[PDB]
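Structure of 1-deoxynojirimycin in complex with beta-glucosidase.
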Amino acid sequence: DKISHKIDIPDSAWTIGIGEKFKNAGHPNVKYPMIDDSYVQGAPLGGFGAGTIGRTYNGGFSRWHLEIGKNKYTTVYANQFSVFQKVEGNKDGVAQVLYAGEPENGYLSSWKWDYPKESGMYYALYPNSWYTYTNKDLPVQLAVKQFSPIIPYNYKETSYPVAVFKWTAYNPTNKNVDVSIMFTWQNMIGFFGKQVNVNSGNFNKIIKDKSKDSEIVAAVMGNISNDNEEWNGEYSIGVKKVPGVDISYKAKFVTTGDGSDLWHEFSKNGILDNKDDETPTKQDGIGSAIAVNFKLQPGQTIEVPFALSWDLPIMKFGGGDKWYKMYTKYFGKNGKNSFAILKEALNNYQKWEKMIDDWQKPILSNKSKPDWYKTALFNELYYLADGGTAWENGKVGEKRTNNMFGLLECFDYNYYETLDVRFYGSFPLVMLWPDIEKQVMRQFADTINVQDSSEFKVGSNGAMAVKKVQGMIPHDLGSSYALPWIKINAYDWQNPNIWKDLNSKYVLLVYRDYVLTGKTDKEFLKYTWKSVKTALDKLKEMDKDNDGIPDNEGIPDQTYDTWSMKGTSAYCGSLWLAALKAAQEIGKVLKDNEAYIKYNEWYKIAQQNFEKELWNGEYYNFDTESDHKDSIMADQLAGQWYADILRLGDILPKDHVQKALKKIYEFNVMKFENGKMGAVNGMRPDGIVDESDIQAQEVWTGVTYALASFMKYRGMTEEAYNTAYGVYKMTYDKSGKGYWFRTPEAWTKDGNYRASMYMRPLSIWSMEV
Ligand SMILES: OC[C@H]1NC[C@H](O)[C@@H](O)[C@@H]1O
Ligand SMILES: [Ca+2]
């Protein structure tokens, strides 16, 4: 490996061998079918709301999130990089697809598949990833850096449906070597969204953009139809000429044949026929190819950029609504702009790389932080792009000031912006894209007084309940299978209109977003104030026994939606205390004296009773009335965690908080599989896991990172990082369960999981407040 030093991969990149088998992989631990796409994953490509494409560590374009809100794992075999090399003085060269696998059927049988093991590495530090190719039969070593311009405080390039592939090639040998790199791509119009005739009308064209000191050559893969539908648009691949390289192309090869129409050309001398052909297809799948060819002398290096774009301007949800995607603001809505997007990337990728370096540098250059922590911090962000992210620029056939946004809870539980989860998972948005975060919160503010008296069947017990009650914050802003932003509360396992955490979490999120954006946005506080007061006043009505605290009803009436709470719980009770303190402060800022006094009075009463009811001398009891009310809950002081972040001071005595956190570390972490797997949710005082519900026996990745944050800002530094390390280990390490780029909600002690690709572990960014 002499290519590593010609490129700059950070030491904190996650790494794996190309073609590496992983033996320890976890699987779902639930009864009903659950997504399990295997451990063959990678960092995704694509901006926010663009649809993303997961290219795996084996090189395949395999995890397709282009249909917004859906996860489709299938390798499109035509989509590849391939290499040809010939040593000067030899009769024949060698050609190889850079994919550690082969097709399942006979399509593309002529291509050279099965890139060998032990011949290259994959590296990832989101939004960047890299492949190195160090193969004994390829004298010239290659590497590629691939990325999309995901940039904090940037709402433009961050939205783009584009990826850059910056290749580096180096000849360490003493002979001249002829080298070609070829990008192939299937015309994927009709891959989703088209009910019949899926390839019909697909056609490919070549664009040659020649200016001074510039040549880009690109294939545009589209359809003859000008229909404005979800399935229609264009894909483009292309390359920018650099000194010392020639470009060749093939506009049309058949993907549903043996591939030899293309491969016979490439495998001979690495040079394609330059045959244009715009003839549309009927049944056959078609693709395009763009190649570069160059000669490397001994010791010579060359860099060449390729790119990929996709202009699919319309997203459609299962309820019928069609929206334009955010990037259309910048490139247009007609679905004929893939070349413009590609050209922007090819002409500006060097600036984008520097912008990414500029935002990663503060963390990467802090040598007090271990590299494993940096691996997790950056790579967990894959979810902001990969979480079915929807970001609208208008409803089809209708202009407003804002662009509504939503991130899925996950794909198995297909709900946008689940609020009890975003309480944990929204940290990267407030920290790094605060204009999105505030937009999401204003969306919630607007729903507070919505009433929908239609009824749904509650899944957990079969009872009928009202869909949306006035004054109760919704669980979610809909499902991609139905109508995101329009039909809220798609969740039906429990009735969220009686949850005891949603209204308080809402208030806490509002105040968080003011505090973490500099305490300057009074306008955001003004927009949300009525909803905040309404939320607290409605939750106060759920105090059945006049202790000043909402009562859990002996059912799962909060985020732990199979774990029953009864009476005053540490979790919902501490959230309530913190939300009251936050509202007091907002009242002061907005000069609403009567709100300040009222919430101050509720706070003093609730605080005294919480302490009396739950403090046991060592920690806060789980609750006041449950069968295992003395269980040690990992999240028992969630309200105090948030109060620390919001700078609201002590809601509970410092001594008791410290005692409680030390107990959690000593028990829920250290007596759970040696502290190597995170904090288990519930532990009995005798040091064995609480078995009253599956959720008590689970480690929640997002809860655990949040607890690590809580510990860190309370000065328990070793405990904080040791607690977080188990999550990192299980997710990324060789000794883990193979969850890289699909961090789940939960695992049990056997390491098996529930709900891969989950929003909650984005809470790791609360460790960087
Ligand atoms: O895993 C628990 C999780 N299930 C799915 C629900 O949408 C969410 O509110 C809850 O926290
Ligand atoms: Ca009460």
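One-based numbering along the sequence shown. Just so you know, ligand 1 is whichever comes first in the structure, and atom 1 is the first atom listed for that ligand. Determined by X-ray crystallography, 2.0 Å, according to the entry header.
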Place of 1-deoxynojirimycin in the structure, all copies: ligand 1
Atom 4 (N) of 1-deoxynojirimycin: nearest protein contact (heavy atom, Å): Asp561 OD2, 3.2 Å
N or O contact, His475 vs 1-deoxynojirimycin, cut-off under 3.5 Å: yes
Numbered atoms of 1-deoxynojirimycin (with element) below 4.0 Å of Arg754, judged on heavy atoms: 1 (O)
For 1-deoxynojirimycin, the portion of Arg760 having any non-hydrogen atom under 4.0 Å away: side chain
Structural part of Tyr560 in contact with 1-deoxynojirimycin, heavy atom criterion under 4.0 angstrom: neither
Minimum-distance protein heavy atom relative to atom 10 (C) of 1-deoxynojirimycin: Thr559 O, 3.2 Å
Residue, atom name and distance, where the atom is the protein heavy atom closest to atom 5 (C) of 1-deoxynojirimycin: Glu409 OE2, 3.0 Å
Per-atom contacts, 1-deoxynojirimycin versus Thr418 - under 4.0 Å to a heavy atom: 9 (O)
Residue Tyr491 vicinity, atoms of 1-deoxynojirimycin by number, heavy atom under 4.0 Å: 6 (C), 7 (O)
Ligand-side contact atoms (1-deoxynojirimycin) for residue partner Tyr413, heavy atom cut-off under 4.0 Å: 5 (C)
Pick from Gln494, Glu698, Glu745: the one approaching atom 2 (C) of 1-deoxynojirimycin most closely through a non-hydrogen atom: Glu745
Enumerated 1-deoxynojirimycin atoms positioned under 4.0 Å from heavy atoms of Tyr758: 3 (C)
Close N or O approach (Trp700, 1-deoxynojirimycin; < 3.5 Å): no
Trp499 neighbourhood, listing 1-deoxynojirimycin atoms whose heavy-atom distance to it stays under 4.0 Å: 9 (O)
Distance from atom 9 (O) of 1-deoxynojirimycin to nearest protein heavy atom, with residue and atom: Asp420 OD2, 2.6 Å
Binding site of 1-deoxynojirimycin, heavy atoms under 4.0 Å: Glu409, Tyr413, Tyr415, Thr418, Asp420, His475, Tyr491, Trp499, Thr559, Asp561, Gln695, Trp700, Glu745, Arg754, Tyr758, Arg760
Distances for all N or O pairs of 1-deoxynojirimycin and the protein under 3.5 Å?
| unit_1 | atom_1 | unit_2 | atom_2 | d |
| --- | --- | --- | --- | --- |
| 1-deoxynojirimycin | 1 (O) | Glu745 | OE2 | 2.8 |
| 1-deoxynojirimycin | 1 (O) | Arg754 | NH1 | 2.8 |
| 1-deoxynojirimycin | 1 (O) | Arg754 | NH2 | 3.1 |
| 1-deoxynojirimycin | 4 (N) | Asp561 | OD2 | 3.2 |
| 1-deoxynojirimycin | 7 (O) | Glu409 | OE1 | 2.6 |
| 1-deoxynojirimycin | 7 (O) | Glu409 | OE2 | 3.2 |
| 1-deoxynojirimycin | 7 (O) | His475 | NE2 | 3.1 |
| 1-deoxynojirimycin | 9 (O) | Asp420 | OD1 | 3.4 |
| 1-deoxynojirimycin | 9 (O) | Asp420 | OD2 | 2.6 |
| 1-deoxynojirimycin | 9 (O) | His475 | NE2 | 2.8 |
| 1-deoxynojirimycin | 11 (O) | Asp420 | OD2 | 3.1 |
| 1-deoxynojirimycin | 11 (O) | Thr559 | O | 2.6 |
| 1-deoxynojirimycin | 11 (O) | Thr559 | OG1 | 2.8 |
| 1-deoxynojirimycin | 11 (O) | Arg760 | NH2 | 3.0 |

